[PDB]
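Featured here: a structure holding salicylic acid.
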Amino acid sequence: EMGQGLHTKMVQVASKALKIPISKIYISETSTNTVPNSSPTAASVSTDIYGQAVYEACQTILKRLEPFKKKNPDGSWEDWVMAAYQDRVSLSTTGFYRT
Amino acid sequence: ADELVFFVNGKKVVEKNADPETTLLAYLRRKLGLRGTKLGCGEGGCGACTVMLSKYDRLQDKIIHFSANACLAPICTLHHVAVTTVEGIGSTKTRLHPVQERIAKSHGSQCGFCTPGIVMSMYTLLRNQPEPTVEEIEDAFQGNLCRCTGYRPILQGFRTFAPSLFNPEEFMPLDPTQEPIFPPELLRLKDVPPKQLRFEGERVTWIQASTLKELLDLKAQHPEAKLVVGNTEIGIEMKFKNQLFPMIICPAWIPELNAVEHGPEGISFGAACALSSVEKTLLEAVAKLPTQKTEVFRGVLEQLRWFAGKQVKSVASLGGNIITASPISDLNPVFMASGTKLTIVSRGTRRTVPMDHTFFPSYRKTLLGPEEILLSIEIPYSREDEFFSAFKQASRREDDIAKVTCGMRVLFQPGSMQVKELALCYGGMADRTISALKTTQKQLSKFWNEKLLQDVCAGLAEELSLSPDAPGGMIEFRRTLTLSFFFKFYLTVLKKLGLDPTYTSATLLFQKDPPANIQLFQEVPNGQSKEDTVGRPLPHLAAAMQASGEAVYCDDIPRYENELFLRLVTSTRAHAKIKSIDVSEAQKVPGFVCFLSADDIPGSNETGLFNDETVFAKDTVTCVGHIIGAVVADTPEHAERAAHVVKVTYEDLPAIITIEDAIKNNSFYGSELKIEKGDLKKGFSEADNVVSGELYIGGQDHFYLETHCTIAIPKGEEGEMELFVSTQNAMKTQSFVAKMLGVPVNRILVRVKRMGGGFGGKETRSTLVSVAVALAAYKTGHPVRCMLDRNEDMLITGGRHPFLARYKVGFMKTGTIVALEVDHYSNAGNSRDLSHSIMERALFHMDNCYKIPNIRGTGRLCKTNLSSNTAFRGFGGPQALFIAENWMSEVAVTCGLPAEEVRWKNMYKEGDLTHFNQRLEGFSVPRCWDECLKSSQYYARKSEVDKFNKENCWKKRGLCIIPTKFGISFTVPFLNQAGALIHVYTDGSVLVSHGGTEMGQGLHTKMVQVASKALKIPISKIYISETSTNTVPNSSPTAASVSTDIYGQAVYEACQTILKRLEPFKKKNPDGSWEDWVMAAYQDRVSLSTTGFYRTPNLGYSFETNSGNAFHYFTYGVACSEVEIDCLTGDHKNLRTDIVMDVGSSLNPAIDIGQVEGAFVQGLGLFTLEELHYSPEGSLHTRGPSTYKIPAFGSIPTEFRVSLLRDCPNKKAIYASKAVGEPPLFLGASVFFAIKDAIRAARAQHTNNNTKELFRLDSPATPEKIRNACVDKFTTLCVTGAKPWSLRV
Amino acid sequence: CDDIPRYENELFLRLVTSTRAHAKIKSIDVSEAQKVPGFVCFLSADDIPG
Ligand SMILES: Cc1cc2nc3c(=O)[nH]c(=O)nc-3n(C[C@H](O)[C@H](O)[C@H](O)COP(=O)(O)OP(=O)(O)OC[C@H]3O[C@@H](n4cnc5c(N)ncnc54)[C@H](O)[C@@H]3O)c2cc1C
Ligand SMILES: NC(=O)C1=CN([C@@H]2O[C@H](COP(=O)(O)OP(=O)(O)OC[C@H]3O[C@@H](n4cnc5c(N)ncnc54)[C@H](O)[C@@H]3O)[C@@H](O)[C@H]2O)C=CC1
Ligand SMILES: Nc1nc2c(c(=O)[nH]1)N[C@H]1C(S)=C(S)[C@@H](COP(=O)(O)O)O[C@H]1N2
Ligand SMILES: O=C(O)c1ccccc1O
Ligand code: MOS
Ligand code: MOS
Ligand code: FES
Ligand code: FES
Ligand SMILES: [Ca+2]
């Protein structure tokens, strides 16, 4: 982030993809031990490419939470997350995009 | 004020504002940035702060090198002294010194927190003796503690200075010519005349007197001035006794206080002479002078053998111990009984008077006047017909407080056996050193015979009485020692005047035996690649840095310019209402920032695993140590002082301390837990015999060398906070900090590099400190940190759960078990925490390795006003296994059959189900059992033990072999999950991250070994930096010994994902390198980052239906130990231990053997040495290494053998390996039952003739319980000699 | 970045740059620099480990 609002847009994207308020999503910083071999933030394509990476990662999360969402249709996001955790389903994943 | 000028690792230091209260440790760490030296206890016991000091000795005209505790050395005593820390002898950036290299390659370092201190003790020895003997090497560590290793690797690696796990042939030879030179500047400053210096601090003025005249003037001029030489006593007074001496005078330089004169009556030492000098001078006198002239000298030396360690003896002055006049001083009894001459001087006056009973008028006082100072002490040569003895007994031989210590002298008429003079002086029997004058007076003119013996014992039994509330407790034991000591003295004088062969050994002084260490493990397949380290003894990856002091532990992290310090304010009551708090005086301490309490919490004050705790006490305190608030200040000292003056007004409430109080008051957490199988009724009905009883096993303080510590960095944005914590649970630390702050979890980042030991003590209780530091960071906006002092840690953080059991077992004459009933009660403390799961694992192991057809076990958690107890290596398993082995032992005795026979016939067999209905597959105990029997030569030694017992009346040997099985897996199903994150950078280097933390067990080392094997690349290309919540989330705490199992799998899967992605490029360029395939993958836009995850399958046990798998598999092992107890003192030797452990196909035999030995030693400590004492009101007495005794270098089995079972691959875990962390700890019980075996031999000797008697022996089997159990004419006399008008016939 | 608190032992670096567009470096004299209060060291190409 250098002022162009890339993180804001990424949160907006995560929120829409996961279908939850932006208030439940956070982006703290950029670091090489969380996402390696990154291209420099340039060429105006950041939103484009990271938007997809974040989107894909969100998709994986939705597929993992799907079973619990089905067993408890009227439950909350928190309910599905805790149930997934207790069922020992990983709540961490990478997202990647290739133009 | 004068300038303080000394040197540190060759570098000159000029301190212009030296504060008398500053210790070298604080200076090195906070001023010089040399953090290799650590704080482990602050009271001279752990040795973690050990450094070497060098100086030119004017009187000797030579440079001398000696160790010392940085934690107790005032920098103001170091003017013109050269300090050498671990950073000054070598490092991984330059080159490791041989000492650092050997301890690391020998696997002598695990968590590594103790490595620097141990390295410096060894180094200091080498600087004094380049080629020391095994004995000198062993004695170099009397003052160093290690909780991880079991000490064996350290000693074995260091003895080299005098398949396999390491190869001494690779070790670089020691070369003195290449050691750092003594600062050339200092050598010049020796020609300069010494001058009186003055240092001014915040609250203290220090005067370094250069001459005796100066000292006497100063004493006259300032009577209240406190003298200080070694400060090993005063530092404790100021640090722990809340004392403050405005003015201090150090006379250490004065020639007279350091002179050694050999006169006609004896040898004179100046009062400032260090005990190490007295010890060296006396050893010399004993070697050159006739034995008849050195009776007292040898008395002094015997006490000095077990007097602290090298660090303390090198600075502790002779006069200092004398004047401190502690009731348990080991030297004063000897000086008194011998009439050692004291030369006391003041300006003008002077006198030399023999020390007698009147020299100590009251508690810690002497006959010295305020203006007087002890100038010198002359220890007398012994005369003809004069014999002397000095004895001491404590909880542990090494560096410990005497329960009873003494000096005994007897002078007969020329060439006769007729007493002319008799002096029996004791320490530990009054509030001062006393002489049993009434008793000995009656023996003058009497003759040395049986009658005198009976008379004296009766006299002592009556004159040296102890009220039931005597400080130090252990009334019976102490009184028994006073008589046993005289008995030893009586026999020794008889021998000297010249004795039944079976009485001889009772006159022998402790003699250490030659050590023997053998480790056996399996070599890896002959065709295994040199780069595949799985199965090889690869040293811990951070061992070299741990040995050099470069390894960074939480507090080693530098402080921000604006970082503040937190000091917890805790309850001094076990249960009371908080009527009010007054911080008015705290606010007066310089640097005071603020006082934080519950009302400052923005989020929730409700914390704890089961939300049954407060972050900060609200209106009520429920245990001594209950955190009420916290003070934040600019420095640690300022925060400590302010906190200390915070006034809390309480209103006591009925308290429930003990498990007994709990049962009677029905004070429990939750309902009863139970496992029941078979038909008890029908079981006991078929039983030939039935034994019922009660058994107790004490608690345990983790004593990780690195105490709890947390650094919290408040970012100032969106409630974000970054914390560096010494914890095994980054996940709970994160969630608890967030819950307290009232912000989403995604705002908190917890980072864990390494822990200087965890052992379960940092699985949950680390949050007590973390959440509080976080609050301080939140409130101040400043970064804040807090590392607990040992006394705080021991008092607040909880420990192992004390257990009480009530059992009933039914069995046949054959020894076969047919029925068992056991009710377990644990003392959980003031909150649930992990108590419930601990009780569950307890119940899961009440069977150990024996099939019991009809069984019923129950458990209850006692809700008490004691710090909440938590996980501790074993997690309830050890207590339940100990209870099981206790009744098994009684069954053997009752049936009159060999214990090994009874155990074997009751033992499970392949395919059998446990009491909780889980099939035992791959049950290897029989294999470990048979190999251990054979390799240990059990039967042969069995007969030799009996023989020894027949030839010895006051010493007995015991031998016992016991098995163990430990279920592997968190008994809470959802905790059996693990995640990993792997990044391959474009240079091909790999960065592995996983949910597990490093606490010395080598989890990272093994994960790199695994990654290397999975990826098929050298370990050099892989690295693991730390554990963080933003790389691997929702991680389970690093515990239950399954970290290798589960993270190994997560790491393995992530690696498999990497390989699948690189495959296309591997096929396109077959002759290419890993670097080529990585770069090509990058160029082709293929992600080189992936997560890995594992979920332990088929787990889910129900206590309700007694069904479902509780564990993934079991780790087995067998241990055979032999001991020798001293029936007269309670002391004992761990002669030999043989262990055979099944860890499947070890991933790393070096680390796995290290874990076996480390756990074994920790169990040994639990069952034989470690004991926490609490006042009746619930206030812990034992808050330091001085009173709490964990195994020392000299506590390990002299002959220690460990073998890893061969050809036993475990298809249930990563690369056919098995968990090893906790499973071996219980095997330490083998030492316990060997001791009980020895005690039964003693009882059959002097107690009674009932070969089938069943006396109760609770854990720990300390010297007290051992001695008290050895009932004889002396123990008996201590009761009868302490009746009723009538007595029913 | 600079708003991040400095560690108590954190030092400061100041680049030393060329006042010429193209020239040979004949010599570098830090004798006067070494005299400045708080001076720690002068780093140059020869100090690079890699
Ligand atoms: C880890 C550890 C283990 C220990 N082990 C043992 C043990 O096994 N047995 C035992 O008995 N003790 C033991 N001690 C106690 C202690 O080390 C001794 O009492 C020591 O000899 C005191 O010497 P010092 O020079 O360090 O005293 P300081 O702390 O410098 O002074 C002690 C007291 O002596 C006074 N004093 C000192 N010199 C003179 C003088 N010339 N004239 C008048 N007053 C003087 C001081 O004013 C002060 O009151 C241990 C201490 C530690 C920290
Ligand atoms: N730190 C260490 O590792 C060691 C320290 N020491 C010495 O131990 C000293 C301990 O000092 P403290 O903790 O203040 O304890 P202390 O100096 O008050 O001594 C306590 C002991 O004195 C005896 N005692 C005292 N009052 C008594 C009474 N009224 N009736 C019967 N017996 C009584 C008991 O044996 C009791 O255990 C230290 O100052 C040090 O000199 C000795 C060995 C090891
Ligand atoms: N050196 C060292 N070894 C240690 C510990 C420790 O804190 N330090 N913890 C023990 C405990 S209580 C456990 S549960 C296991 C945890 O690590 P693991 O699962 O990787 O074996 O290591 C054991 N070995
Ligand atoms: O050993 C366990 O079964 C266990 C269960 C829950 C939490 C920590 C643990 O060690
Ligand atoms: O592609 Mo923007 O950094 S010139
Ligand atoms: O399961 Mo280990 O932390 S008692
Ligand atoms: S910190 Fe100095 S002896 Fe333990
Ligand atoms: S390696 Fe010694 S305490 Fe950990
Ligand atoms: Ca508890």
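The chain called A is the first sequence line; B is the second; the pattern continues. Numbers in chain A track the PDB entry; the residues on display, in order, are 1037-1135. Shown for chain B, in order and in the PDB entry numbering: 3-164, 193-528, 538-1321, 1326-1332. Here chain C follows the PDB entry, giving residues 593-642 in order. Be aware that this covers only part of the deposited structure, with contacts counted strictly within it. Counting starts at 1 for both ligands and their atoms, following the listed order.
The ligands or chains attributed to salicylic acid are ligand 4. Bound to salicylic acid with the largest number of contacts is the chain that UniProt calls Xanthine dehydrogenase/oxidase. Other chains whose heavy atoms approach salicylic acid within less than 4.0 Å: B. For salicylic acid, the heavy-atom contacts closer than 4.0 Å come from B/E802, B/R880, B/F914, B/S1008, B/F1009, B/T1010, B/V1011, B/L1014, B/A1079. Residue contact check: B/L1014 has heavy atoms under 4.0 Å from atoms 6 (C), 7 (C) of salicylic acid. Protein heavy atom in closest approach to atom 4 (C) of salicylic acid: B/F914 CE2, 3.4 Å.
Closest UniProt active-site residue, chain B versus salicylic acid, heavy-atom distance to 1 Å: B/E1261, 5 Å. Each of the following atoms of salicylic acid lies closer than 4.0 Å to a heavy atom of B/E802: 7 (C), 8 (C).
Result for chain B: of the UniProt Mo-molybdopterin-binding residues, salicylic acid comes within 4.0 Å (heavy atoms) of B/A1079. Atom numbering of salicylic acid starts at 1 in the shown order; those under 4.0 Å from a heavy atom of B/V1011 are 6 (C). The shortest N or O to N or O distance between B/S876 and salicylic acid is not below 3.5 Å. Annotation for salicylic acid: atoms under 4.0 Å from non-hydrogen atoms of B/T1010 are 2 (C), 3 (O), 5 (C). Under a 4.0 Å criterion applied to the non-hydrogen atoms of B/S1008, salicylic acid contributes the atoms 3 (O). Per UniProt, the [2Fe-2S] cluster-binding residues of chain B include none within 4.0 Å of salicylic acid by heavy atom.
Apart from salicylic acid, the ligands and ions with atoms under 4.0 Å away are ligand 6 (dioxothiomolybdenum(VI) ion).
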